[PDB]
Amino acid sequence: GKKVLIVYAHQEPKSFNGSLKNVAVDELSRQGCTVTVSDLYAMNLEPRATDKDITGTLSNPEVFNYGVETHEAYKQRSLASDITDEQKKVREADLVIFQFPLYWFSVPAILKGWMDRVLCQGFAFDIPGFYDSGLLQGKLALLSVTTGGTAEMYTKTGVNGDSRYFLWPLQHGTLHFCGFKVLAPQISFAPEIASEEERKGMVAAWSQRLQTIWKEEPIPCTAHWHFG
Amino acid sequence: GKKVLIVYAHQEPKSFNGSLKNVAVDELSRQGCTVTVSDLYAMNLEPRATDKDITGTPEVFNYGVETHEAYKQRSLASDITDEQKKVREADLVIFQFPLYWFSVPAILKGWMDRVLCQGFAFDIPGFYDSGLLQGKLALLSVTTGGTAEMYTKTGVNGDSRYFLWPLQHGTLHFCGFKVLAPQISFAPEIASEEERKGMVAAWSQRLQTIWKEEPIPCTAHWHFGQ
Ligand SMILES: Cc1cc2nc3c(=O)[nH]c(=O)nc-3n(C[C@H](O)[C@H](O)[C@H](O)COP(=O)(O)OP(=O)(O)OC[C@H]3O[C@@H](n4cnc5c(N)ncnc54)[C@H](O)[C@@H]3O)c2cc1C
Ligand SMILES: Cc1cc2nc3c(=O)[nH]c(=O)nc-3n(C[C@H](O)[C@H](O)[C@H](O)COP(=O)(O)OP(=O)(O)OC[C@H]3O[C@@H](n4cnc5c(N)ncnc54)[C@H](O)[C@@H]3O)c2cc1C
Ligand SMILES: CC(C)Cn1cnc2c(N)nc3ccccc3c21
Ligand SMILES: CC(C)Cn1cnc2c(N)nc3ccccc3c21
Ligand SMILES: CC(C)Cn1cnc2c(N)nc3ccccc3c21
Ligand SMILES: CC(C)Cn1cnc2c(N)nc3ccccc3c21
Ligand SMILES: [Zn+2]
Ligand SMILES: [Zn+2]
């Protein structure tokens with residue numbers, strides 16, 4: 001009995017992203033997994049890191065330090081309920097899948113907000129407690145990303161660089177930092193440009209992958225993996 | 001007479017980020033430059049990319065498609081159109097922010113997602129050196145929790161150039177900006193009072209001659225070469 005959280009960042013449910021989210025729900029549900037989806041746009045998730053994230057009185061009201069205050073709030077159990085509700089879902093999940101379109105070589109801001117606000121000190125990492133000793137150690141994470149650019153554009157010799165280069169802040173700087181074991185990324189290249197049958201192939205490939213997701217070895221999340 | 005836009009993403013004005021923002025306003029103001037600051041948190045800037053960003057003039061909503069067409073029909077939300085005006089006027093755009101998860105805080109990511117729309121910041125074709133903001137300069141002034149030693153090839157975080165790539169190349173260069181070398185103020189929370197004043201003074205001092213700098217070559221070799 002494995003539990004999966006899908007953190008989904010797309011405005012349109014009929015989108016290619018929406019279709020990949022639905023494939024994941026359908027296939028993981030079919031296997032018997034416990035499935036939860038955080039539909040960020042539908043939730044209107046707050047993305048901004050503010051003092052509204054701590055309920056009640058701050059440790060230092062005169063000089064606001066987001067990091068210090070959220071860490072203390074986590075320990076005193078006074079974080080905002082949107083945050084705590086996402087932390088419960090992550091705590092319980094064996095696998096967290098992130099489903100998003102690539103925005104500026106990164107995640108859409110609503111998803112960046114999830115990362116900034118949910119993955120607080122005391123919950124996702126601590127001193128000590130980062131990289132392999134991160135507080136979410138043992139859990140799996142997978143980035144399922146769609147792009148505007150084609151696969152041939154995302155090469156070492158192409159204008160955009162290797163797709164692996166943009167993965168570094170997400171996979172290493174965020175997910176590994178918090179102790180996640182990172183499964184290989186699912187990159188669905190250029191669905192808007194691809195033919196209908198290429199798009200169906202990409203959907204079929206993700207469906208197929210999901211069938212054996214629990215047998216996968218994670219990647220070695222190193223500078224060498226990302227940059228060669 | 002040079003025009004500078006500072007896009008500033010910090011909650012507290014007494015922070016180390018607030019201090020670096022203030023030093024930039026003070027020094028550039030002293031020089032006689034025109035200075036505008038977009039204080040994103042104080043503005044409560046909308047970060048989310050939604051259909052509310054198109055203000056007038058379908059079945060399946062594609063943010064990229066609709067915002068591009070909206071930009072051409074002069075029908076983007078006023079927060080966007082106001083930021084675009086500031087960018088259009090600016091000779092230099094300084095981004096002042098603490099590093100959050102090897103990137104910009106979400107509020108600033110929202111500024112990038114929403115302000116730099118197709119037709120305004122780039123076209124296809126019309127990116128990288130053909131980007132629409134060609135002739136302008138951008139500079140990332142970034143603070144970290146991690147120490148400088150941590151941000152090396154043999155440190156736990158890897159080379160700082162590795163996190164700069166999506167921002168400097170993938171975003172700024174893509175829109176046609178020429179990128180001045182980043183100002184990275186490592187670990188002010190950990191530094192002594194003296195070391196901190198040093199880092200503030202180093203930014204102030206660099207700004208005195210910022211108009212004589214040449215931008216970096218925003219290439220893969222620059223970011224990954226060694
Ligand atoms: C602010 C911003 C920044 C961006 N930055 C970048 C960047 O840095 N790099 C980059 O490469 N790209 C970038 N993009 C482009 C973006 O990554 C793509 O537009 C996005 O990945 C497309 O995915 P989608 O789900 O929106 O596609 P959609 O437009 O929803 O889908 C494409 C097609 O697939 C169809 N479809 C849906 N479901 C199925 C199905 N089951 N079977 C077959 N077909 C189906 C849809 O009907 C549609 O015709 C950016 C876009 C924006 C708005
Ligand atoms: C969600 C989140 C994600 C993060 N992710 C990362 C990451 O991926 N990598 C990373 O390295 N770090 C990360 N951090 C840490 C973050 O980058 C640092 O906390 C931030 O950069 C420090 O800058 P600050 O302005 O907030 O420092 P402050 O705490 O404001 O400054 C430190 C000290 O300097 C003092 N000060 C202010 N002005 C002056 C002056 N003129 N002279 C002398 N002293 C002064 C202040 O009073 C304070 O005591 C993250 C933090 C958060 C909350
Ligand atoms: C919105 C899509 C129809 C295309 N698109 C939109 N924004 C962007 C962007 N920053 N980089 C790109 C790089 C290659 C191909 C497409 C895009 C792109
Ligand atoms: C006046 C105060 C309430 C804030 N403040 C304090 N010192 C300074 C300073 N050198 N430059 C600034 C530049 C812009 C805005 C505020 C300040 C500032
Ligand atoms: C230490 C120098 C920079 C002078 N200075 C001292 N305090 C201040 C201040 N609050 N605002 C300013 C605004 C513009 C230029 C200089 C200053 C300034
Ligand atoms: C080890 C800390 C002293 C600083 N640090 C170094 N790398 C990172 C990182 N990815 N996220 C953070 C989030 C909050 C606070 C510090 C960090 C951080
Ligand atoms: Zn790693
Ligand atoms: Zn570049």
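All chains are named by letter (A, B, ...) in the order of the sequence lines, taking the proteins before the strands, and each is independently numbered beginning at 1. Basis for what follows: all heavy atoms, side chains included, without hydrogens, waters or symmetry-related copies. As the structure lists them, so they are numbered: ligands from 1, and atoms in each ligand from 1.
The drug that appears at ligand 3 goes by the name imiquimod. Going by contact count, the macromolecule most engaged with imiquimod (ligand 3) is what UniProt calls Ribosyldihydronicotinamide dehydrogenase [quinone].
Counting only non-hydrogen atoms, chains lying under 4.0 Å from imiquimod (ligand 3): A, B. Of all the atoms in imiquimod (ligand 3), the ones that sit under 4.0 Å from a non-hydrogen atom of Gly149(A) are 14 (C), 15 (C).
Given atom 4 (C) of imiquimod (ligand 3), the protein heavy atom at minimum distance is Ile124(B) CD1, 4.0 Å. Taking every heavy atom of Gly148(A) and a limit of under 4.0 angstrom, the matching atoms of imiquimod (ligand 3) come to 15 (C), 16 (C). Near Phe174(B), with a cut-off below 4.0 Å to any heavy atom, the atoms of imiquimod (ligand 3) are 9 (C), 10 (N), 11 (N), 12 (C). For imiquimod (ligand 3), the atoms lying closer than 4.0 Å to a non-hydrogen atom of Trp104(A) are 10 (N).
Of the protein's heavy atoms, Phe122(B) CZ, 4.0 Å lies nearest to atom 8 (C) of imiquimod (ligand 3).
The shortest contact between atom 2 (C) of imiquimod (ligand 3) and any protein heavy atom is with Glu192(A) OE1, 3.6 Å.
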